[PDB]
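The structure described below contains iniparib.
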Amino acid sequence: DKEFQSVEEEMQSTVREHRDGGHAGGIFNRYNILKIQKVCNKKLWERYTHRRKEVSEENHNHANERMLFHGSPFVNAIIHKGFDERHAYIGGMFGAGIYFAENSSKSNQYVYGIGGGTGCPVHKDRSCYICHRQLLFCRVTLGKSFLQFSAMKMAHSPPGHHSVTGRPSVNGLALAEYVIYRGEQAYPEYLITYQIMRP
Ligand SMILES: NC(=O)c1ccc(I)c([N+](=O)[O-])c1
Ligand SMILES: NC(=O)c1ccc(I)c([N+](=O)[O-])c1
Ligand SMILES: NC(=O)c1ccc(I)c([N+](=O)[O-])c1
Ligand SMILES: [Zn+2]
């Protein structure tokens, strides 16, 4: 209903023009939203809320929950098993965490692998306008989030913190990114099936 409409609006309005000129994610200004499904995995939801309650107790009764995008070739494993820090992006700017973006076009750069990988499996095109892509729109508990501008290779959250917020800087980050170090600190709420569209 209006629930899915607000997801599509969030998806469309957070697109940015990327500095790599579309190298990783493709050349587009909008998507063709094909499908939006709400993921209902009861064991995952309980694992997520149990940790959410715990983080709230450690952050002045505030979870600091945000709706953030995740792009990955492992969407199906995430949907069934949940996010898993044992599969963290080690090559990441903030070390061994699970990365999220508030810009859908940033998470779109990661759907086929790091830097878009080799693109779609059928045409090997990072800018494929034919193949259907999937992105997750997630509930992410940031708790007490550590604000950082430069690269900091963490294995875990910094002491007394529950996440890292990568803020844009000149050297530096173009857009924000959010890093959790425990899989249970995110729930894959919505599965968005989409195509990027030729401008
Ligand atoms: N997707 C959700 O926000 C959500 C809310 C409540 C539940 I009980 C579940 N669930 O996956 O079982 C999901
Ligand atoms: N790399 C993998 O085989 C893999 C398995 C499970 C997961 I939850 C992930 N993951 O990075 O989302 C990756
Ligand atoms: N490991 C991933 O799939 C991944 C890595 C970095 C990022 I910035 C994202 N992301 O969706 O924002 C995902
Ligand atoms: Zn393709």
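For the single chain, residues carry numbers from 1 onward in sequence order. Counting starts at 1 for both ligands and their atoms, following the listed order.
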Ligand numbers or chain letters for iniparib: ligands 1, 2 and 3
Could you tell me which macromolecule makes the most contacts with iniparib (ligand 1) here? Its name in the PDB entry would be great. Tankyrase-2
Which residues form the binding site of iniparib (ligand 1) (heavy atoms under 4.0 Å)? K38, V39, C40, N41, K42, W45, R139, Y187, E189
Which atoms of iniparib (ligand 1) are found less than 4.0 Å from any heavy atom of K38? 1 (N), 2 (C), 3 (O)
Can you sort out which atoms of iniparib (ligand 1) are near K42, meaning under 4.0 Å from one of its heavy atoms? 8 (I), 11 (O), 12 (O)
Can you list the iniparib (ligand 1) atoms lying under 4.0 Å from a non-hydrogen atom of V39? 1 (N), 11 (O)
Top UniProt domain of chain A touching iniparib (ligand 1): PARP catalytic
Identify the protein heavy atom lying closest to atom 10 (N) of iniparib (ligand 1), giving its residue, its atom name and the separation to 0.1 Å. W45 CB, 3.6 Å
Would you mind checking which non-hydrogen protein atom is closest to atom 11 (O) of iniparib (ligand 1), with the distance to 0.1 Å? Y187 OH, 2.7 Å
What atoms in iniparib (ligand 1) come closer than 4.0 Å to a heavy atom of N41? 11 (O)
Among all protein heavy atoms, pick the one closest to atom 2 (C) of iniparib (ligand 1) and tell me residue, atom and distance. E189 OE2, 3.5 Å
Write down the organism the PDB entry assigns to chain A. Homo sapiens
Please tabulate, one line per pair, the protein nitrogen or oxygen atoms found under 3.5 angstrom from a nitrogen or oxygen of iniparib (ligand 1), with distances to 0.1 Å, or say none if there are no such pairs.
from, atom 1, to, atom 2, distance (Å)
iniparib (ligand 1), 3 (O), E189, OE2, 2.7
iniparib (ligand 1), 11 (O), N41, N, 2.9
iniparib (ligand 1), 11 (O), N41, O, 3.3
iniparib (ligand 1), 11 (O), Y187, OH, 2.7

